[PDB]
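Here we have a structure that includes resiniferatoxin.
Chain identifiers are assigned alphabetically from A in the order in which the sequence lines are presented. Per the PDB entry, chain A residues shown: 197-601, 626-752, in order. Here the PDB entry sets the residue numbers for chain B, with the shown residues being 580-601, 626-724 in order. Using the numbering of the PDB entry, the residues shown for chain C are 197-290, in order. Only a part of the entry is shown; contacts are counted within it. Remember, it's 1-based here, ligands and their atoms both numbered in the order they're listed. The basis for the numbers below is simple: all heavy atoms, side chains too, and nothing from hydrogens, waters or symmetry mates.
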Amino acid sequence: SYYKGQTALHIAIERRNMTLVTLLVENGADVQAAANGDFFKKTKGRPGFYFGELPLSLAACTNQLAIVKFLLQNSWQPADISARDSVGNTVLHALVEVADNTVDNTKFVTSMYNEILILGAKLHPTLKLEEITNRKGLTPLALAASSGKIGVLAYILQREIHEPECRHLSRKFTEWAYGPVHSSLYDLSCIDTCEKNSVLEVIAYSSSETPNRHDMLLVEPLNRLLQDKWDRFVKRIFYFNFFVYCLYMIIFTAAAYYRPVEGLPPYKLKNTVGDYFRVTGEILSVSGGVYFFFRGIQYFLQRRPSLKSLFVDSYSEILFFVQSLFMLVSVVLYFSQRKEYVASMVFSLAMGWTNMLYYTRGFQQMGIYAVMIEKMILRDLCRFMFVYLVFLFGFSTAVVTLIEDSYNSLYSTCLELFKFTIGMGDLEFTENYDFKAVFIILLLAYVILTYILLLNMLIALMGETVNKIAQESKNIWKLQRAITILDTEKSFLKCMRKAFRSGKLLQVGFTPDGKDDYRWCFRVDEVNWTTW
Amino acid sequence: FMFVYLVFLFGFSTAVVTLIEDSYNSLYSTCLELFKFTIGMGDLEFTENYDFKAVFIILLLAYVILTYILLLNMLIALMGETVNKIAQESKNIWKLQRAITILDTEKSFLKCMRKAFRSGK
Amino acid sequence: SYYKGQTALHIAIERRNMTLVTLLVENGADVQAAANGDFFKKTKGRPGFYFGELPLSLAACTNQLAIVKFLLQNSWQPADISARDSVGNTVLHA
Ligand SMILES: C=C(C)[C@]12C[C@@H](C)[C@@]34O[C@](Cc5ccccc5)(O[C@@H]1[C@@H]3C=C(COC(=O)Cc1ccc(O)c(OC)c1)C[C@]1(O)C(=O)C(C)=C[C@@H]41)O2
């Protein structure tokens, strides 16, 4: 369990003993066998350090490049690089999981990663090690993208090896240096329409736990790729969707405004042009409601977000789904001869208009207002509700109790006190209650405590949030644009087929196996003239 | 911010007018009353006995909390940011404005340019 | 169009080859002629780097002062400083 498979070779490794590892692997110890334990497993419930399961993986993670280079080439018992553990981390994946974005750690892990890839290329030209998906089903590229490791991902995105024998693994090819512009040719390997965990998907679909999601899309290839996707086809599809939604909301508003007032539903169709227009508008409205219901169900089934992180990452989808629910309840009440249907429909009307702020996320300068509204409704107001309600209820019950012998009921007292809290009430002291002085004291304390002291506290916190997320306009709207691009591409399969997302699918080299490979790529010209 | 506010105003105005068709009589007056709410200048009464009174109260309270407490203060925070940003750079701003007015004054009256003696010698 | 007027003298320039420019301008290449292309023009719709049109302008913009000093004084074919391109940038303007 704890000490399952661990031997003196690991202890020599972690202590940096050059000769002990050589002696042990000369003795014939089977480095294929893996050591696992509670301390090794990535469990928060127990203390431990994760270094994979393969002993070669531990040697690599523990900063020993010559030692692992010998282990691999040790004729007595070479270690297999392609070993995949039950936990689901390969040696390369183990290195990815070790990294913590630090500059020195970035340099260390990148150097050892490049060295180990070169060694593997020397070892097994026939096999490509990178693409083998690990136990969880995501390759080291996808794992680095999803986990948050910007340092490990940046190099892999612009992984260029100047050795002419390693050109079949380099990701970035420098086409020429005609000037400060340096033409590029990335591999776009499994970035778009590839597999379960594409790089863009894991970057964007992530549950926001990752700590540097915004900075990931600043890498050299991702920015150009997303901008190309936006300009090519996505932009006009989004604008068409916005226009169709505006028409839908206008039709819904016109249909609901001119609803019949005499009788109970359903309402018999009368022979008039206006009646035909009204009924067709109602049919279109209900059709849109059904569409949004099904799109919400499809989204929730696809992503299946966790209950805790449901609202944080799916605010707009939640709101569209709730609007669809309201309209469906309205139609259900319509055919049950209940006049209450209207009361539901208006909630789907008022809501339907405000949901249009979703589309402001498709513009740069106007896109932050939706973000601010979402954050100020989920973070500040939500948890200030609890702080306010103890005050409201305490003083409401106290006032009602004091004068039992507009403040007659508990509902009206709560409403009047809430009006006081927003500076919208009248202090009169006109009626001759019992204990008038105590009533005046209670109301003045409430007004000073909630109107002057708590309301302004809430406003200060809201201003802090607005201030904080108003600096980061570029990052915020870039991420929102990326998410909408992903959703637009994924919604219409024919759209993905006709996207021409990649620049081209050309074979720009010959593999050491002897067969030239056709790889996807796109141009990325970057200007750097100061460095000459 | 006009665009962000008008969706709220129109959505809740149309909703309120639709809800009680059977001061909130017309669409113009409903829009005006809701705008007055947005600037803390309206009266919550709930005195007339409408249909669906609870839903009407819920709609108005949501509107007041969303626009008077949440959007208006957002606008005020952004305005304060702008004021703060262009209140540090007093010297540069007024220097540029003085330069522009000098140019326009010199260019307006040709005799003024002739008699300017702009150059030292 | 793209490769209109560009010759090996420019390629020696941008790579910082001291001797290649001397050889080319000893060969009698007419440095009066200007090279223009889509990459050279200051167009946002296309990628490119602007360095004027005159080859001397490119030599100057590409950080080569002794080389241009010789081009100007090269008795075989001195470059004219006062050359004005159709785009509208002089060497100084470049
Ligand atoms: C998150 C949820 C469920 C929510 C659903 C409704 C009831 C909502 O009240 C809240 C709670 C609330 C109530 C009153 C004041 C503030 C907040 O906030 C929103 C929700 C809060 C909004 C605010 O409008 C928006 O957020 C638009 C919007 C912003 C950003 C988006 O990404 C977006 O995509 C859809 C939409 C308006 C209402 O949806 C609306 O139109 C009505 C009548 C009630 C508002 O519950």
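- Other chains contributing a heavy atom less than 4.0 Å from an atom of resiniferatoxin: A, B.
- Measured between heavy atoms, the transmembrane segments of chain A lying under 4.0 Å from resiniferatoxin are, by UniProt's N-terminal count, 3, 4, 5.
- The model ties resiniferatoxin to no chain through a covalent bond.
- In this structure, residues within 4.0 Å of resiniferatoxin (heavy atoms) are A:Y511, A:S512, A:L515, A:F516, A:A546, A:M547, A:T550, A:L553, A:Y554, A:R557, A:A566, A:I569, A:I573, A:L577, B:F587, B:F591, B:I668, B:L669.
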